[PDB]
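In this entry the chain letters A, B, ... are assigned according to the order of the sequence lines. All chain A residue numbers match the PDB entry; in order, they span 1-16. Here chain B follows the PDB entry for its numbers: 1-16, in order, are the residues you see. Modifications are flattened: parent amino acid or X, and no contacts from the extra atoms. Determination method: solution NMR.
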Number of protein chains: 2
Amino acid sequence: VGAXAXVXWXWXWXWX
Amino acid sequence: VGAXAXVXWXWXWXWX
């Protein structure tokens, strides 16, 4: 959960 | 995987 890969920002889910 | 919570930086596993 956060900024990088996963849930949040960058990659995986959420935004970028 | 990254900066926030999870594997990498901040919280969960790795560094901070």
* Asked: Among gramicidin, dusquetide, lanreotide, which drug or drug candidate sits at chain A?
  -> gramicidin
* Entry name for chain A -> gramicidin A
